[PDB]
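This file shows Interleukin-12 subunit beta complexed with briakinumab.
The sequence lines fix the lettering, A, B, ..., with proteins before strands; numbering per chain opens at 1. Heavy atoms only: backbone and side chains are in, while hydrogens, waters and symmetry mates are out.
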Amino acid sequence: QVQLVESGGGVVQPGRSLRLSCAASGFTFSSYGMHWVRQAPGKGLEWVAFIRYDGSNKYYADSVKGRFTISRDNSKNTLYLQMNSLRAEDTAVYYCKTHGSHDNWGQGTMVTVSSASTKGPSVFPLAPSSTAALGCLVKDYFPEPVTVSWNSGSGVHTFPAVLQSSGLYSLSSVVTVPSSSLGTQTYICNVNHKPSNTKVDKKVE
Amino acid sequence: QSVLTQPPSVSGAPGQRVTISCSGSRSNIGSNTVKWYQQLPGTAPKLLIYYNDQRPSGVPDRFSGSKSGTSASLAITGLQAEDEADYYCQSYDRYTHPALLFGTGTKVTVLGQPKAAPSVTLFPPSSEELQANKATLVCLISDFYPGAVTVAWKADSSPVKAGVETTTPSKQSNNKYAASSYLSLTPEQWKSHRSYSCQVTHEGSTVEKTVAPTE
Amino acid sequence: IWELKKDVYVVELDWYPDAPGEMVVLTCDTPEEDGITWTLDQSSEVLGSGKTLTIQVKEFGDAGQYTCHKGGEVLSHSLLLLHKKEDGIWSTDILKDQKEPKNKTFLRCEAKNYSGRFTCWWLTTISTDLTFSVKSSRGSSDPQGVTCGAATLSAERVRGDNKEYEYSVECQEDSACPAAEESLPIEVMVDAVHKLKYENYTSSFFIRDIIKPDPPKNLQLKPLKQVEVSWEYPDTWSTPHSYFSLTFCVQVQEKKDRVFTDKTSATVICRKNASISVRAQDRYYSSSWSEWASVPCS
Amino acid sequence: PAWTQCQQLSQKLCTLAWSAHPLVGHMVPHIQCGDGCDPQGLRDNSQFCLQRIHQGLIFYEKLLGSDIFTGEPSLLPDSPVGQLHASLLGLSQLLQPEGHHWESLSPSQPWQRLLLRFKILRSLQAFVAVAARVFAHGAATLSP
Ligand SMILES: *[C@@H]1O[C@H](CO)[C@@H](O[C@@H]2O[C@H](CO)[C@@H](O[C@@H]3O[C@H](CO[C@H]4O[C@H](CO)[C@@H](O)[C@H](O)[C@@H]4O)[C@@H](O)[C@H](O[C@H]4O[C@H](CO)[C@@H](O)[C@H](O)[C@@H]4O)[C@@H]3O)[C@H](O)[C@H]2NC(C)=O)[C@H](O)[C@H]1NC(C)=O
């Protein structure tokens, strides 16, 4: 079972550096080459760089030549990508793809280049009114993404965020439950925003 | 230093056939093979075709590819709701050897589905939000098709235009669309006006939900 | 699978993680039909028995010198080499890309005349367990006899703190026509073997396009109170000279002043600390110039 | 024969043929072995080689005067083709003067035409090159 795991991403200001890491597993890492690919939110794919099996020859895209540096360490089965002199247009998701016919892709890690600082959300409960539905409100947070959990016993879904005119994000997660169980069960939404290290547990009644 | 040309959008009803072109030149498609990927809204690309026409394991047989001269084509025979997604073609250039040449991408959309009305739900500003001297009305819209609506807020009976912020209709897991609208207000104007409404128009049919300051 | 030469075979593989490879059946070239054992490389481990042996080839650890024995006696050998296909492309890890005249250029060929001889050289960072096999021909459909020798190290240098090893080979056209208008190109095919890895490279060209004469010969200076320059054609150039003519370029090199002529002599202006150099080119065809032939001035 | 004059002309043909700038891009009669244009054959019988040259000069002459060069795309103001065509024509006279009598593939799109202009010239270059060597060798030796 082939697997790839990216890491090292996050937020950073322009001009600064950042190192990315792709952990491999399930095959002979040292016997194959590896790529680095990126994709801006809602846009197409763009190739970044590539490195051979033995690390002998490295290749780069001309939009990152001289700035980015690729490396690997076959002893620990990992792939790296040192990104220096970062720019705004580099904001995207960065995947690691294997080189070959039956290639595999990782989950990817977000990389946000912005002079705007991080920001945590302000969670507010959304109580039900006189079937029924309830939820929570994640308001004013930057940057994406955000994770939320629920606890029930009866559909449920979470909706995407809005990009406010101020440059901040805001979403909400809701759960549809019977109007009969409104009193019995207690409901808590578990928000999490890793970029700001924020974590909240808000009760809804 | 090169790109492949794909059609931005292709469409067709369930059970029909559709084709996606990947046009290039002699340096790339005319001297190399072609791969095809399937990227679903919230995941990473998945491999569909390799070496022009081969199928991996776990890929149905309806996905069929080809290559001719400088251009290639991916054929989806017998559409399904699940096949609604973006598609990318990839190949190499005879001189930028290892560099990957991706296409412009193609948004496959499924139409002809049975019509559906939105499930609106309005929430007032929470008591905790007002304690911070702020107010936000949340009008949520879900489970409907086709994905395109318009939102209109009202203060009692008169129009509300300023302060609104709304998303673009996104697709759900069940292949219907959803969205949300947020009307930021001050604590005083929420208490002054006795009610607010969220009018959601979807294919000529308007759905209204009202709320008042109480409890 | 196919046979590269006697008891040497190549296995083409799609190189990707956890690829299953190809199933290969090796047959011991022998009359006897029982009491047979197989091995790999030097290990005495018996991998199988019988006339034939079935193996799944997916990693270099599965390749090597397969040998069958019968009573200790060595019956037949069979060497397996691997040819990686990486995402639909064959591998080119061995040779260093020269990026001249264009990318993906690993072989560069030259010829000192139209005699029918020529030389091709290539670079690599590898130092051990490295083997090359050269073949050439004029024409693909119906090839013509072109004899190639053995490839050997020609030089060793350092580039970017990593050693560069240059190899070279000499070939010759069997029945040459130096004065003719080349209609079909020369085809050069090279097999490269690094350990068990197999790769092959190619190049196509006419001879007239790769000509590079040797520098002028016997460069002399005759002063005058400014200087008279004289030289001769090189020994390697074709003959007679009234047919295969050459043109020349004279340079004095702070600056570089240059002139051209078809004669074997020229008059110029000399200066202290300067140097006079000359090179040559085919007079009627714009091939490659020759390396400079120099004589210090003053 | 008029060796001394052919050489001065052939040498100019090679000069004009190479000063031409179409962009490098990679997607018929020739002087073959035995045709007698080697130095040995010329001392034996040079007429045989000259039969081939004349045919070759008239061949490219018919080309440079066809639609390939005259038609679209527009030719260059600094185009040597003009002098090159008249040079070929002038040199065919010095061999079979007041002799030749005449009366195939023709591209349609400009791109196809522009490609052949580039494939033809580099083949022309190799033909005149062999000729100049012939007349230089004949002028230096077969000229009493
Ligand atoms: C550089 O490296 C590449 C890659 O390794 C080489 O390309 C391979 O070259 C070999 C040798 O020529 C090819 O193998 C040959 O294929 C021929 C055609 O095969 C097709 O057709 C047959 C049926 O006719 C099918 O079974 C097969 O699957 C293919 O669909 C065969 O006819 C050849 O058979 C020869 O050997 C057998 C014994 O093995 C004899 O009995 C035959 O009479 C015949 O002589 C052979 O199998 C291989 O296909 C090439 N690969 C590709 C992808 O094309 C280059 O040749 C190499 N170049 C140099 C200069 O070394």
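All instances of briakinumab together account for chains A and B.
Taking 4.5 Å as the heavy-atom limit, the other chains contacting briakinumab are C. Per-chain heavy-atom pair counts under 4.5 Å with chain C for briakinumab put on top chain A.
The deposit refers to chain A as Briakinumab FAb Heavy chain. The deposited model's entry lists chain B under the name Briakinumab FAb Light chain.
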